[PDB]
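What follows is one structure encoded as structure tokens, with my remarks underneath.
We name chains A, B, ... by the order of the sequence lines, and we start the count at 1 in each one. Quick note: numbers below take in every heavy atom, side chains included, and nothing from hydrogens, waters or symmetry partners. Residues carrying modifications are folded back to their parent amino acid or marked X, and whatever atoms they have beyond that are not scored as contacts.
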Amino acid sequence: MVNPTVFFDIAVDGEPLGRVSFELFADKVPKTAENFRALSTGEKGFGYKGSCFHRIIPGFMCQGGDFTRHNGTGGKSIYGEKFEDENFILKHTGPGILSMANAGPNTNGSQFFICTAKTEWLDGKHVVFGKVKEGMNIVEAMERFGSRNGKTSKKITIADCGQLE
Amino acid sequence: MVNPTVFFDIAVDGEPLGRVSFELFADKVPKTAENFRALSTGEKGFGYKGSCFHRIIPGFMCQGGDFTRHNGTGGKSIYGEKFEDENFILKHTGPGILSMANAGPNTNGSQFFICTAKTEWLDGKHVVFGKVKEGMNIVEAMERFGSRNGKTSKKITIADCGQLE
Amino acid sequence: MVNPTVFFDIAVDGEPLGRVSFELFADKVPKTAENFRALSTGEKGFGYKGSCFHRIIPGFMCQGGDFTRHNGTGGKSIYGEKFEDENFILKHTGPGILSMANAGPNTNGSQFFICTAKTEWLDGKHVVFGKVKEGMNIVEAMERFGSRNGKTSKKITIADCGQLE
Amino acid sequence: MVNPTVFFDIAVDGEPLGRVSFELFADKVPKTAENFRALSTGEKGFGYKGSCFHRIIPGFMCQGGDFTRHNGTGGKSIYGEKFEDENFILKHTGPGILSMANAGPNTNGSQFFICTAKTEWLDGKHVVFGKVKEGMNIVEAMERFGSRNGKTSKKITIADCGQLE
Amino acid sequence: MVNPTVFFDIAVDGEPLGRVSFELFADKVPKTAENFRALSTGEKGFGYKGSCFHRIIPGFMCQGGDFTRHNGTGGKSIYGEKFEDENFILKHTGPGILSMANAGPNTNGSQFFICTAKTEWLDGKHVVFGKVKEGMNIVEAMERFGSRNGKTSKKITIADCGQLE
Amino acid sequence: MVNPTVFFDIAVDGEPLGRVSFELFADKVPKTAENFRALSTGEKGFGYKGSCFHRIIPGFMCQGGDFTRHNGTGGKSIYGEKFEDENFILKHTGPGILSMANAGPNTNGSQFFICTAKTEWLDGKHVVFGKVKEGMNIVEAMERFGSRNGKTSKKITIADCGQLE
Amino acid sequence: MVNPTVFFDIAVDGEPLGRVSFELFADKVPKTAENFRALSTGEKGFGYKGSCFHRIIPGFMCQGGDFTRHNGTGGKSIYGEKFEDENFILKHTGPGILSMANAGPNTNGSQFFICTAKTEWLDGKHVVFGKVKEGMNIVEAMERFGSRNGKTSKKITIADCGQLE
Amino acid sequence: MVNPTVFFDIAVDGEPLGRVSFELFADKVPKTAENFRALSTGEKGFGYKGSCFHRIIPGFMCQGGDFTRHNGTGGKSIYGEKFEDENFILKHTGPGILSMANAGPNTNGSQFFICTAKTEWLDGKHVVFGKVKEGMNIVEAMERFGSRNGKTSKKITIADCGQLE
Amino acid sequence: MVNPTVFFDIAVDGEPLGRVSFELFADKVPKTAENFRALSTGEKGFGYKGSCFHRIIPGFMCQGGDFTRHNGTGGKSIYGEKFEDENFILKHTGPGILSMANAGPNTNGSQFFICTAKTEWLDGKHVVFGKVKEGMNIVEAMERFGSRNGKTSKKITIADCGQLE
Amino acid sequence: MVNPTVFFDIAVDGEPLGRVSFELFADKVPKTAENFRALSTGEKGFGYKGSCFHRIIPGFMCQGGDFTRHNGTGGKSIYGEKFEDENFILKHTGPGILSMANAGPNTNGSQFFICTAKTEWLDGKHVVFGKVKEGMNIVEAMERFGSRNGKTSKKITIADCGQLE
Amino acid sequence: XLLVXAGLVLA
Amino acid sequence: XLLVXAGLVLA
Amino acid sequence: XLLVXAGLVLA
Amino acid sequence: XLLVXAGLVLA
Amino acid sequence: XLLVXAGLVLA
Amino acid sequence: XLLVXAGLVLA
Amino acid sequence: XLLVXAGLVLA
Amino acid sequence: XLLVXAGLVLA
Amino acid sequence: XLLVXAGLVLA
Amino acid sequence: XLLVXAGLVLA
């Protein structure tokens, strides 16, 4: 097919911060890309609009996607409770990589993380499925509200989200 | 703990045939039993009421549970597209055994079969999760509408279903 | 030996769309290439002449080869009900790749798919055995009648087929 | 299901010897039992009528079933050129056991052997699927035409064969 | 060696419910039993005193031990973040069995559960290390505050704990 | 030490067709190459002088070396009934490659095949041990006596054989 | 078939000590029994007659069978250089157990040992294939020519050997 | 062979405590019993005489055998710096069981421990090779000098040692 | 994240010898680098300040890190008594490499060694996590106090240590 | 450290043939290289001086190192009876390579071979640890006293040996 | 044969 | 998702 | 289902 | 340490 | 198919 | 030996 | 815990 | 030890 | 030999 | 063949 682009419009506490757009690698991991794509559009009746980034550790990554419990213990995929690790073709090559958070092998739900640095210790255990197309500087701004233990200082929120191409 | 009992009120071409009740072994396979019980109550918004047994081979088993495609190619679990083979504690020990149909390892969904014979060649590949409690005479009656290749002679349908205990 | 070429004359509903010729990689996968060749001539007494492409998904592939059930649940090989994956030397490198559909490892029958895109997520799970030699534009024309779910809008049929070289 | 019984009428050089009937353990190995039943009735267009026992070793077994090359290099199943080793539930417990000959794991075709002794060293390498029901005296008579290396002195032929129940 | 007995005085919303004593099977699982014993006395500086049962599913189990995050995501052992599964000698034979909660293989920390039924589906995945000696009636009183999803209606707290034997 | 070179004088029925000489790669597969070299000199009392090429498939290969049953069911090595697959270093790279025939892993005896084409699907399953040094034109002449099933039209014989270097 | 009985007439330099007979378990390990049997009659051209028990350790075992190098570095089977470990159905249960000596897995040739004690530490590594039928007292006599290092004091020899039954 | 018995004369700060005799199960683990026997006779020029029990934990075990570093980091076997785990046939069934201490698999040297309790969590990891024959009360006395961390309060030494039978 | 730099101020007996700075590879092994960093600052209550190098073998390495037993048998990590081998991405490439000492797989604690030679035989078994940044001349000076058996001739101590970068 | 150089002064029956020096690759295989060095200097009280090359096969290798039985059945290491294969980094790349002889995996003792050709079929089964530095012509002189079966005609002896560097 | 699958039913 | 199976087609 | 985990509780 | 899990976050 | 075996030659 | 194979019969 | 090793003794 | 091998006999 | 272990150091 | 073993030398 052609690789989908999704966008997140990020708000910090109340105010608009900006838009980050992502290319999703459906040519490498189509089932993982479609899961994220459909949760961004909200087409199945649930998804990411309104959810917050619950763990941001500067120089490492920002973690979001738990739209149910909002603390890292929830999320559901469009395929169900959890789904298999699709493949490990792609690597955590540098800042702006989008990858799945999981609770061990084959427990992919909806939580993901945006890398703010190259994280190659994570290769082989987390499925890489996308990359920041536009708005890296908005992710760099998001970084600043985190801490070494993941605590955010302001409620970083996906105010709106959806597909572009 | 208490093991749940669900019932099916069978109809042949609209004419009511009779009630079959099943004990589900939640004590051995709780996740596989829960999937069945909930698809029988219809409490998740989809389930077995109205569907039919699409393949019946006399002296072997009656296969049902495909409520989406009605021909063996569909159905879904209450946990998603598919779920893991829970365990293989129980064996296909005789007539009345309720076991899961599948499309290979860890692809359980909604389709099941009621054994009219001991089927030990299936041990270790299909998860046993219940047994006919009352109404084995109704299942034996259903058998007479099969054929060597599984085609039914009448539309064998689950007119109603729900939980008893 | 020399690699065989076979052709398919496609018809949309009834009118003759055009011919797609294929090169079969008998130098890499001889048993799988021979299966397809013999089913194209119809020499063993059954084959693809008259079957339809039953699932077409634009930007991914056209699936066909089920001359038995015509819906994806049948077909058979000239070697028996199924045969093994011969090897996975070749890769789904891009449009026009011809590859075997299957229902798991070593369940190859007669169904196949013509890729209209590079599908590398399928590498190592589906045996690649040939490539469109002429008539890619006809495969492009077929794509239009498909859907995201695969359902065709006109009956796409292999009106005639056989070997050329 | 009830287990089938097939028979073979054996003829030494033309002269009738007698009939052996066999019970096929369809309740343990249904696919292997069905292959033998069907080749005995001859309902698929080929089977055992007229084939000979090409290798008899006294106090070991009589091996036959090669209806294509008649020397041990051929034979075929109703499923195709070969089929899987279904399971190894039954063991080579005594004289009268009917088991599959093969060319290594999962190469079952039509060749079989009747044990004239307990052959337990073969356990787990050859699928046992039946036992002589009546006529062990005819097998005992057959033995006498073999030698230490297997060549028979007279042509031992399955003059007729089919199903009884 | 002699197997230690520890105790827990339970309180519901402040108001004291009663004491439960547990025997720890040090003769079977000494490292796992020492971790529970030492976290009950508080001798290493941290422990269970003042923590709560965060998940109680009636007829199944009472889960506790998260003294760091109090909600199921924390806890720690006296050996470090996580420790190895010692062995799986014991089984979940009935009510009153005490076993380690975990987040996959070799992730034992401090969370545990007391079974209020036999849970043999958990055998081989959770290390069993103790059983209720006296006070089972208090565990049964605790059940009465949970629900199918595990939520408790009141605050179930381990007021005090220590060693008796 | 140096790589030996053996010759075969081919005779169609009885007419001298010509000589084929081969280099044996004793520097990659010394045990497989000594087997073939010794069977070509007849120094261990038995060997290829007088045997025939029993299976010739044009555009694929010429198979021979069964000096005991002359049809593909026999032959033996200088080390015994069968011997181990030495290694799979060399590949079936083109016409002239001399490789071992077998009956699955570690059943090498004396049967071999001379490739008249690149056969890379056989890589890793058959041990390559030599290549035609001279007489490739004679091998192409032999091909013409074969057929698609391998049966010849004239008896192709190794009238003489021996070592050169 | 029936289990062979073979004999050895042992000579201590000059005078005959006596005859030991052995039952060979051809009902369990036919390929390993035929090897000892054929080497005891000498029918294949070489065998045991004239060889010595080169290593005897009192209270453990008498080892012989190296007819080519006489010291423990030789011997050969009727199948060749070496042959597979047939199975390990039988155990080293006591005095007068006859078992294969080897140089690790699948290196059986001709060397064997007669146990003068229950050697269960060797189960699973050495193929047991026979037992002293009559003549244990001659083996107990042989014993007293050994030493803890295996050195014999006098030249123990198999003067004659062959098959009784 | 016959199972050896070795004795140790224990002394507490030079003052004699008593003798403990050990039966070594050379019928189960011959290479491990021989190493302990030769180290108790000191026949290879090094051995247990004069070494101490460096770690005693009451109601668990007494550990000794480090005759080179006297602190648990040395020792050597008569076969070399370390030797393989012979087998795990015997289990830690009760007090007086003699087992090998090690630094992970196949690192046996000369350290051992005498259990004063059944230690079944150790089964499968430490080779059991002997049992206290007489002197269990002396082992019990030794316990009085240890502590939970293994520290002894007086120097517990092997005053003399050797083979009794 | 940015790779931290730590320093050790080495003292020989009492005399200050110099400062060694280390870059820690937190971009490759973050859990291992963090352990060494936190132990060099002392921020968890224990750490390297005041510990000595107990084993220096000239032309190989200097080993230290045992701050609990000071002889090679202790040390502990900030994650507990042991932690997993994080990964083996980095190799023992030359002088100055910092790698973890262990007692076999997954037993990392606090002990480490500084290579004064390329030690590639250790690759795959010890986790490399740092490199001497400045002060190699000081490590070389420390070398001069060791011996072929590791025994130092001075108390080579870490007088101070901490993080710079 | 710096790789050691050792020499062997070779004698044919009595006459001095010459010196062969070897570089030992202690930077790759230090435990294997130390064993050979120590046995060359004789420092542990046993070693190579006076031993002979018991097997020389011209154009393949010279085998020596059996100082205890002198025929290939003995020798021992400075580490014990045998020691593990350290690693297989180096390959048998050409003449002058010095490698370990063994009797299967992890049976290294003292026997070794100097190849006079490239022997890549042995890669991965024998550990390479050195190379002829000076004296290759003396090895070529030794060759001439071998034969295809490996028996020598003269007593090739290591008259002297020791470390140079 | 006698199997219970969902989709490609075999003999 | 985007797979090509014969019988139980999944997402 | 009826499981006892620490963190991602599944059905 | 620096990991990204769902439920039991470790160091 | 195109294989080289000794005994049971398959397609 | 005593085996039952189809094509390459061994001892 | 209660183990018997030679060198690194763990709990 | 007490083993029965052909060639390298160990203790 | 040249190894870096924690507790039982071997050659 | 051309092997270098210690005790049972095969071809």
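Going by the PDB entry, the chain with the most contacts to chain Q here is peptidyl-prolyl CIS-trans isomerase.
Choosing among capreomycin, ciclosporin, bivalirudin, one finds at chain Q the drug ciclosporin. For ciclosporin (chain Q), the other chains with a heavy atom below 4.5 Å are labelled E, H, I, S. The organism that the entry gives for chain H is Homo sapiens.
Per the PDB, molecule name for chain S: cyclosporin A. For ciclosporin (chain Q), the UniProt domain of chain H with the most contacting residues is PPIase cyclophilin-type. Residues in other chains coming within 4.5 Å of ciclosporin (chain Q) by heavy atoms are E:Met1, E:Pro30, E:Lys31, E:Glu34, E:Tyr79, H:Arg55, H:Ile57, H:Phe60, H:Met61, H:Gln63, H:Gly72, H:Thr73, H:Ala101, H:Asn102, H:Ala103, H:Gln111, H:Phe113, H:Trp121, H:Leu122, H:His126, H:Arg148, I:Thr73, I:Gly74, I:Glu81, I:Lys82, I:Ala103, S:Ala6, S:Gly7, S:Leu8. Using heavy atoms and a cut-off of 4.5 Å, the contact list from ciclosporin (chain Q) to chain H reads Q:Unk1, Q:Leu2, Q:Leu3, Q:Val4, Q:Unk5, Q:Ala6, Q:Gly7, Q:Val9.
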